[PDB]
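A quick write-up on the structure given underneath.
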There are 2 protein chains.
Amino acid sequence: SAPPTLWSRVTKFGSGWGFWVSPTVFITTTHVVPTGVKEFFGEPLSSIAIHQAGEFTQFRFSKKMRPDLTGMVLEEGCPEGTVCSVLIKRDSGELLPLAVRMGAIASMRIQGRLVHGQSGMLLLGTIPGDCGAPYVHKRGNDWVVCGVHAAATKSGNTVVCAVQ
Amino acid sequence: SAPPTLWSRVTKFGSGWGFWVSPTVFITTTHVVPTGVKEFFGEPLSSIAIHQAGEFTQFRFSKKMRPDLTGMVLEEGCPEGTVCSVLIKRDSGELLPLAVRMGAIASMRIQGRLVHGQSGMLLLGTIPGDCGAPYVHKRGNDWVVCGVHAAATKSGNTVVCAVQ
Ligand SMILES: CCOC(=O)CC[C@H](C[C@@H]1CCNC1=O)NC(=O)[C@@H](CC(=O)[C@@H](NC(=O)c1cc(C)on1)C(C)C)Cc1ccc(F)cc1
Ligand SMILES: CCOC(=O)CC[C@H](C[C@@H]1CCNC1=O)NC(=O)[C@@H](CC(=O)[C@@H](NC(=O)c1cc(C)on1)C(C)C)Cc1ccc(F)cc1
């Protein structure tokens, strides 16, 4: 089970969620980012370092936004067969950790866009507001984040996280 | 260390917090409850059974609001000497559990009103926005909630939870 502090990194953002990797680094999927705004979390966009590609968006703020957190390891996906937890927060406050057996890392075309992602099989599914939720796993003594929720098939049995 | 599901019961409400004891029962303190609203969590006030006893307020909703939750043990305070955790969330999303060594249950005047509460000694103090946070402890294998945060002395050393 993921520690409470790890869940506390999952933050409402735009039309979904994002995740604090460190006091200054926030990750989410590109579709949930709000547009037509001049600030994120009260910080002007010109003050934020941004890397956005393949449906993965990373922000690095110029001040400590979550000084309570330790910077954790972000990896580009995980080994095939890893069982990740998708840390889904629902608007009720429910915490819904979904177990996913991860498959291949690949570039895919989803609704006409290039996603650099990893597919996995859900072990009762994700919904539109869940985009941005982190995929995490425990390696030895440390938690690792390796993607953010981006898509699922119509049946709902398969999910895709964007990776960086 | 409280599990994530226990933290997920801590819910922003009014000027502070409240706590889901069960899918239908929500507790908070009287001073946190907002006036001039027509709804709580989308439910009209007239559809909720609201019980106020001194500084303790409980809502019983007529629909399942948190059907993910099991109903837990709500006790009228705890044994003297128990070290509780007060499950405080701060505005950033930071989790700030505070340890409190509990003292006596009593009827005490706080700002002119006789409150049924349990005092304790904090072991980085509490702030106005923390009212309604739950006082919890683990008894054997089960977590127990025994009050909600209501007050603190000017010095900050003594806290009071309202009990029912
Ligand atoms: C701002 C709008 O976007 C959002 O709402 C983000 C939240 C939802 C979450 C989905 C929503 C439902 N269940 C879920 O888990 N995501 C999407 O809708 C994505 C599309 C799908 O999930 C589709 N899946 C595939 O095409 C698909 C193909 C494969 C493989 O896996 N999924 C449909 C389920 C809509 C949006 C998207 C489009 C192009 C991309 F580059 C990347 C993403
Ligand atoms: C609208 C106000 O609502 C709120 O903000 C609720 C949150 C704060 C949290 C305090 C705020 C600061 N640090 C804290 O932890 N609570 C209070 O302010 C309470 C008053 C006190 O804390 C006072 N304490 C005592 O009198 C007192 C006596 C003993 C014993 O312990 N505390 C003062 C700290 C203001 C409000 C109250 C009044 C009459 C009652 F029936 C019962 C409660």
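Note on naming: letters A, B, ... go to the chains in the order of the sequence lines (proteins, then strands), and numbering restarts at 1 for each one. Just so it is clear, the values below take in all heavy atoms, side chains as well, and ignore hydrogens, waters and symmetry mates. As the structure lists them, so they are numbered: ligands from 1, and atoms in each ligand from 1.
By contact count, the main macromolecule holding ligand 2 here is known in the PDB entry as 3C-like protease. The drug candidate or drug found at ligand 2 is named rupintrivir (bound form).
Lab note: other chains with heavy atoms under 4.0 Å from rupintrivir (bound form, ligand 2) -> B.
With the cut-off at 4.0 Å and only heavy atoms counted, the binding site of rupintrivir (bound form, ligand 2) comes to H31(B), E55(B), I110(B), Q111(B), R113(B), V115(B), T126(B), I127(B), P128(B), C131(B), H149(B), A150(B), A151(B), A152(B), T153(B), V160(B). Between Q111(B) and rupintrivir (bound form, ligand 2), at least one pair of N/O atoms sits closer than 3.5 Å.
Less than 4.0 Å from rupintrivir (bound form, ligand 2), one finds no other ligands or ions.
Distances from atom 31 (O) of rupintrivir (bound form, ligand 2) to the protein include at least one heavy-atom value under 4.0 Å. For a threshold of 3.5 Å applied to N or O pairs, the pair formed by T126(B) and rupintrivir (bound form, ligand 2) contains at least one separation below that value. Close approach of rupintrivir (bound form, ligand 2) to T153(B) (heavy-atom distance below 4.0 Å) involves ligand atoms 31 (O), 32 (N).
Using a 4.0 Å threshold on non-hydrogen atoms, atom 35 (C) of rupintrivir (bound form, ligand 2) does not count as touching the protein. For chain B, the entry records the source organism Norovirus. Applying the 4.0 Å criterion to heavy atoms of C131(B) picks out, from rupintrivir (bound form, ligand 2), the atoms 6 (C), 7 (C), 8 (C), 9 (C), 16 (N). An N or O contact shorter than 3.5 Å is missing between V32(B) and rupintrivir (bound form, ligand 2) by distance. Remark: rupintrivir (bound form, ligand 2) and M108(B) share no N or O pair separated by less than 3.5 Å (distance only, no angle test).
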Hey, what polar pairs (N/O, under 3.5 Å) does rupintrivir (bound form, ligand 2) make with protein?
residue                            : atom   : partner : partner atom : Å
rupintrivir (bound form, ligand 2) : 13 (N) : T126(B) : O            : 3.4
rupintrivir (bound form, ligand 2) : 15 (O) : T126(B) : OG1          : 2.7
rupintrivir (bound form, ligand 2) : 15 (O) : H149(B) : NE2          : 2.8
rupintrivir (bound form, ligand 2) : 16 (N) : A150(B) : O            : 3.0
rupintrivir (bound form, ligand 2) : 22 (O) : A152(B) : N            : 3.2
rupintrivir (bound form, ligand 2) : 22 (O) : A152(B) : O            : 3.4
rupintrivir (bound form, ligand 2) : 24 (N) : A152(B) : O            : 2.9
rupintrivir (bound form, ligand 2) : 26 (O) : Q111(B) : NE2          : 2.8
rupintrivir (bound form, ligand 2) : 32 (N) : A152(B) : O            : 3.1

